[PDB]
Structure formats: structure tokens, C-alpha cells
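GC376 (bound form) bound to 3C-like proteinase nsp5.
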Amino acid sequence: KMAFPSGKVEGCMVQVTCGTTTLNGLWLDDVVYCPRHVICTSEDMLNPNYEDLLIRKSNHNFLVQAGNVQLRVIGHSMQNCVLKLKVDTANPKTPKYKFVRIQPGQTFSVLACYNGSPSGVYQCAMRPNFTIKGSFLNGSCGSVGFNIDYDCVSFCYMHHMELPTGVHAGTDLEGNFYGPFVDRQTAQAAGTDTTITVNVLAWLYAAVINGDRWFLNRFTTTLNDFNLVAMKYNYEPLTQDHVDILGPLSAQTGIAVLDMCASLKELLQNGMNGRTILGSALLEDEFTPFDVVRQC
Amino acid sequence: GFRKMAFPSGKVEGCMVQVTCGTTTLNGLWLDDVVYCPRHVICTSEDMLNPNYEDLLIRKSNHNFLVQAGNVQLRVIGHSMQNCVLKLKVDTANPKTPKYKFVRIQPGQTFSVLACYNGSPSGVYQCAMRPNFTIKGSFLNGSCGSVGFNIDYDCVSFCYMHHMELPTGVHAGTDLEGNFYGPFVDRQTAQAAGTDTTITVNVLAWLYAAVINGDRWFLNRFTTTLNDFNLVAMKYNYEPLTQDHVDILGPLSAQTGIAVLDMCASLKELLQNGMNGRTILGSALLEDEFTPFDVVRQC
Ligand SMILES: *[C@H](O)[C@H](C[C@@H]1CCNC1=O)NC(=O)[C@H](CC(C)C)NC(=O)OCc1ccccc1
Ligand SMILES: *[C@H](O)[C@H](C[C@@H]1CCNC1=O)NC(=O)[C@H](CC(C)C)NC(=O)OCc1ccccc1
């Protein structure tokens with residue numbers, strides 16, 4: 001479980017304060033992105049009218065700081081659930097970057113921040129139910145999740161809230177929530193979660209690459225038959241994109257994706273019969289095919 | 001929530017460089033006008049098998065050492081060897097040098113590793129110094145010179161530089177003075193470590209974490225003395241718990257209202273009976289690479 005180095009993102013974190021409400025923002029070029037609920041009072045958060053709340057706001061009500069150095073706001077706008085604050089200085093540490101929306105099952109690093117200061121970095125997976133099992137306390141909103149490909153930071157998550165069950169929910173960098181949630185201090189519940197099949201399969205491939213292959217059988221299956229059985233075990237169905245991203249591991253091992261699926265199916269139907277895989281009786285579902293290839 | 005969390009690695013990323021000698025390439029740490037790297041970068045194929053490092057080193061010149069920081073070569077103007085690390089004096093100071101210190105950690109302590117290849121950061125993860133002085137890392141060919149570290153305030157405490165992988169797949173290395181953790185040597189020979197044990201005070205800290213996060217099926221009403229717990233612990237190849245350890249757990253005991261020795265009673269029941277298919281914080285094994293401080297910080 002390995003995070004991306006966080007330095008390129010650390011160089012982009014700032015704090016944003018309205019009155020006494022402070023959270024984190026992301027400073028890229030001359031724009032700071034943050035959760036729109038920074039403009040909320042305690043009682044505004046019960047059920048906020050964000051449009052009305054923002055109409056009462058001016059550039060001069062937003063305190064943006066990098067460290068203790070203030071950054072002057074020269075314009076503001078709301079895009080879905082994120083506030084965009086134009087500032088008078090371009091971040092000299094701006095990396096090459098992209099905003100992306102990730103699929104359930106994908107992993108990303110989270111730079112957990114408080115008051116604009118990074119406290120830690122960890123690797124997360126987006127669950128099928130569009131929550132993440134984060135580690136976030138009060139003041140963490142506006143922390144971001146990201147991948148780094150080559151030199152380019154792909155920003156995929158901004159943190160907004162904790163659900164009753166202790167899991168976390170947020171948006172992409174365009175302010176669109178992952179999943180059915182809304183930024184209201186109201187009662188909300190994640191759907192029942194399911195196992196990320198594509199990742200379990202990646203894990204089995206990883207086990208084969210390391211010589212652990214007792215679970216391979218001489219059978220195969222159709223993708224549709226597999227998907228129908230998997231759902232009976234609370235496993236996600238596979239998509240064509242999943243079959244494709246397993247390509248490199250399939251090529252590396254010589255084991256066809258649908259043969260590995262027949263192997264997983266047999267594991268689901270017969271259990272582990274007491275044996276282990278990569279030193280464990282549980283199947284891991286938070287390593288993507290990309291993650292396996294990275295560490296191998 | 002709960003997650004294995006690493007320190008942010010920006011301060012260390014700004015110190016990593018590539019070092020090359022012959023056909024050997026690994027990573028170096030550039031602080032002020034010195035680059036630190038594992039000394040076996042001066043070795044060849046033949047050499048690694050049984051190197052006489054002082055002999056190999058006196059036969060080198062400054063210009064046998066190629067240091068690259070990004071696209072930019074740094075010129076080496078001096079070199080010395082301190083135990084198993086080589087110190088390269090360069091004609092340029094690193095402007096990104098953080099406040100730092102060199103520390104030797106104790107077994108059971110945790111630190112973050114910034115894994116690097118050819119002088120470029122690739123990933124960060126949390127490790128602990130095992131009781132047998134190995135670390136269960138993720139290091140591939142080319143990762144030597146990668147460092148482990150803790151951050152307090154704005155200060156980076158470097159505690160580990162990476163040198164090798166043992167046949168079992170665990171890893172070994174040195175502090176930044178070049179002294180190995182454990183009975184290992186920087187020679188290309190198969191080496192075994194002593195028998196490992198589980199870091200008990202960290203297992204307890206992680207059980208407290210599981211209670212803070214509302215996961216508590218393993219608690220019980222039993223109790224135990226410190227010495228009667230340590231007897232069972234040692235039987236199962238767990239480290240003894242000291243009174244200092246009990247004290248260190250105080251804040252976590254206070255937060256949860258579970259006295260340390262009651263948590264020891266829970267752990268004792270888990271050791272003797274096991275988990276019977278159950279899981280704590282999502283694990284089917286007792287985790288021992290979270291310290292009390294790691295739990296407090298994050299919760
Ligand atoms: C923004 O920092 C904050 C992060 C929450 C707080 C504790 N852990 C988190 O992940 N977000 C909120 O407080 C959010 C605001 C709404 C307008 C969306 N409401 C929320 O998360 O309520 C749940 C909660 C649980 C425990 C403590 C505080 C809040
Ligand atoms: C330095 O980058 C390298 C790191 C090893 C290579 C594989 N994983 C690692 O962590 N260290 C060595 O190659 C070391 C050099 C001696 C002179 C100390 N030898 C070593 O670790 O041998 C084991 C090995 C296993 C798998 C591939 C290559 C080497």
C-alpha cells in the first residue's frame with residue numbers, strides 16, 4: 001500500500017477562511033479551489049441555500065493564506081459544490097496537472113491537510129458505493145486525492161464530509177459529488193458496499209507472478225456467466241474497461257482474463273478450503289492492476 | 001477512520017539525487033553541500049561478492065562519481081566514507097535543504113520511506129523497524145539510497161538508508177552514519193536475520209485504534225498483571241511490555257476508558273484462541289506497525 005510522493009501537491013495547499021470557518025484549498029495557477037461550504041455558518045449547514053449565501057459574499061470576505069501569508073482574492077464563483085477563488089498571484093509551484101473523474105475501484109493518494117498544512121499521505125480506493133475509507137478529522141475538508149503519471153498530477157477527489165458509518169464522501173475538482181450525496185449537514189447513508197472484482201483479479205495475478213498459483217484451474221467462463229455469479233457473492237460485475245486494464249497482467253502471466261475469472265469463481269463457490277494466497281486467507285480488493293504493476 | 005499514514009514527503013523529495021560510478025547507479029541524499037549514498041555504488045560485479053571498501057575507495061577519484069540533480073550534473077570536489085555510507089562533497093549547496101537531523105531509531109519505531117529510482121521519487125509508505133532489525137519494505141533494483149524519515153514540526157529526522165534485500169524478501173540498511181541496523185553486511189551474500197517477534201506495544205495501540213473506530217468484539221472483562229501478560233506474550237513470540245510502554249499507552253487508555261492491563265487481557269485471549277474468522281479494522285492478523293504516537297496523531 002504505497003502512496004505517490006506528495007511534494008507536488010504539498011506545494012499547492014492553502015487555507016481558506018470565511019469568518020471562523022476554515023478549510024483547505026488547492027492553489028493552481030491563479031485559482032484556488034475549495035469546498036463551497038466554507039461560506040456556511042454552523043446553522044447554515046443544517047440546510048444551506050448556497051446561492052443566497054454566496055450572493056451576500058464579496059471578494060473581501062474570503063481569507064486565503066499560504067502559511068501565514070495572505071493571498072488576495074480578486075474574483076469568486078461557484079461551480080457545483082466547489083468555490084473557485086481567483087487570486088492575484090500565480091502559484092509558482094503549480095505542477096503540470098489535470099482534473100479527472102475516477103471510476104469506483106480506482107485508487108488514489110490522499111494528502112490529509114489541516115489549516116493548509118499537510119499531516120499525512122495515504123492510499124485510498126473509491127468503493128463501488130462511492131465512499132472512501134479515509135482518515136479525516138474536523139478541518140480536513142478541501143484535502144485532495146490524486147494520481148501522478150510521469151510528471152503530471154491528476155487531481156481526482158476533494159474532501160467534503162463523513163457519513164454516519166465513518167466513511168467519507170466528496171467531489172471531483174469540478175464540484176460534482178461522487179455518488180448520491182449532497183453537502184448538507186443532514187442524514188445520509190451509503191449504499192451497501194461490494195467487492196471490487198477487477199482488483200481482486202489483479203491481486204490473484206500478483207500472486208501468480210510471485211509463484212503462488214494453487215488456485216489456477218483448467219476451466220474458463222464467459223464474462224456474462226461470471227458477472228451473474230459474482231453479483232450473487234456481492235462482487236461487482238466486470239466491465240469491458242476492466243477486462244482491458246487486466247491486459248498487461250494477463251500478458252505478463254499468460255493467463256487469460258476469463259481463465260482467471262473461472263479461478264476466482266471456483267474460489268467464491270468452494271471457499272479457500274483453508275489455504276492462503278500471498279500469505280492471507282482474505283482476498284484483497286484495494287490494489288488496482290496499475291498498483292500491482294507499480295510494486296512489481 | 002484508520003489508515004497506514006506516511007509523513008508528507010515533499011521535504012525529502014527536494015533532496016534526492018542520482019549517483020553513478022561505473023555501471024552502478026543508485027540514489028543519494030543531498031543536504032547542504034554533501035551527498036550521502038550507500039558505499040557499494042563503488043563496486044563492480046566481481047567486487048560486491050567480497051568487497052574491501054577502503055581498498056576500492058582509495059582507487060577512486062572525484063571524477064569517477066557522477067551526480068545528477070534533475071537535468072543538472074553536480075561536480076564532486078571531495079569524498080569520504082563513514083562506515084557504510086559515502087559522503088560526496090559537491091560545489092553546490094542544495095537550496096531545498098530542510099531543517100534536519102540524523103537519528104538512529106529503536107526496534108518498534110515507525111518511519112516513512114520515500115522509495116526512489118535513478119534519483120526520482122516513486123512512492124511513499126510507512127514501515128517499522130522490526131525487532132530483528134529488518135524492515136518489510138517494497139524496494140526493487142535501483143532503490144538503494146532511498147531513505148526513511150520522520151517529521152516533527154518542520155524538522156526531518158532521517159533514520160534509514162536502504163542497502164539490500166535478504167533472501168526472505170525483507171530489507172536491511174543503515175542509519176545515516178552508515179551503521180547497519182542488525183547483524184548485516186553490505187556484501188552480495190545470502191544473509192538470514194534473527195527470529196522476528198511482534199511489537200506488542202504497537203498491537204495494543206492498534207487495538208485501541210479499533211475501539212476508537214467502534215470495533216470492539218475482542219474486548220473482555222478479564223484482567224491480568226503486567227508480568228502474567230508478559231509470560232504469555234513471550235510464549236507466542238511477542239515482545240515484552242515494559243512499564244514505559246504502559247505509560248505511553250495512557251492517553252489512549254484515557255480516551256477510551258480502557259485500562260492498559262485490561263487491553264492486555266483482550267490481547268492475551270486473542271493470542272490463545274485466535275480470531276476465528278473475525279477481523280479487526282479489516283485485518284485478519286494483528287497489526288504491529290502502528291505506534292501509540294501514530295494512533296494518537298491520526299485520531
Ligand atoms: C470539513 O472539514 C468536514 C470533514 C468531516 C468532519 C469530521 N470528519 C470529516 O470527514 N466536513 C463536515 O463537517 C460536513 C459539512 C457539510 C456542510 C457537508 N459535515 C459532516 O461531515 O458531518 C458528519 C460529521 C461527523 C463527525 C464529526 C463532524 C461531522
Ligand atoms: C541497491 O539498489 C540494491 C537494492 C535491492 C535489489 C532488489 N531489492 C533491493 O532492495 N541492493 C543490492 O542489490 C545489494 C547490494 C549488496 C552489495 C549490498 N544486494 C542484494 O540486495 O541482493 C539481493 C537481490 C535480490 C533481488 C534482486 C537483486 C538483488
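Labels below follow one simple rule: chain letters A, B, ... track the order of the sequence lines, proteins then strands, and each chain is numbered from 1. In each ligand, atom 1 is the first atom listed, and ligand 1 is the first ligand listed. How was it done? The header gives X-ray crystallography, 1.9 Å. As a basis for the values below, the full set of heavy atoms in this structure was taken, side chains included, without hydrogen atoms, waters or symmetry mates.
- In contact with GC376 (bound form, ligand 2) at heavy-atom distances under 4.0 Å, by letter: B.
- Heavy-atom contacts of GC376 (bound form, ligand 2) within 4.0 Å involve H40(B), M48(B), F139(B), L140(B), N141(B), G142(B), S143(B), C144(B), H162(B), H163(B), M164(B), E165(B), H171(B), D186(B), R187(B), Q188(B).
- When only interatomic distances are considered, the shortest N/O to N/O separation between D186(B) and GC376 (bound form, ligand 2) does not fall below 3.5 Å.
- The active-site residue of chain B per UniProt that lies nearest to GC376 (bound form, ligand 2), with minimum heavy-atom distance rounded to 1 Å, is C144(B), 2 Å.
- Entry annotation: the source organism of chain B is Severe acute respiratory syndrome coronavirus 2.
- Distances between N or O atoms of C144(B) and those of GC376 (bound form, ligand 2) include at least one value under 3.5 Å.
- Taking every non-hydrogen atom of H171(B) and a distance limit under 4.0 Å, the qualifying atoms of GC376 (bound form, ligand 2) come out as 10 (O).
- Residue contact check: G142(B) has heavy atoms under 4.0 Å from atoms 2 (O) of GC376 (bound form, ligand 2).
- The UniProt domain of chain B holding most contacts with GC376 (bound form, ligand 2) is Peptidase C30.
- Residue contacts with GC376 (bound form, ligand 2): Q188(B) is placed with a nitrogen or oxygen under 3.5 Å of a nitrogen or oxygen of the ligand (distance criterion only).
- What the model shows is a covalent bond from GC376 (bound form, ligand 2) to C144(B) SG.
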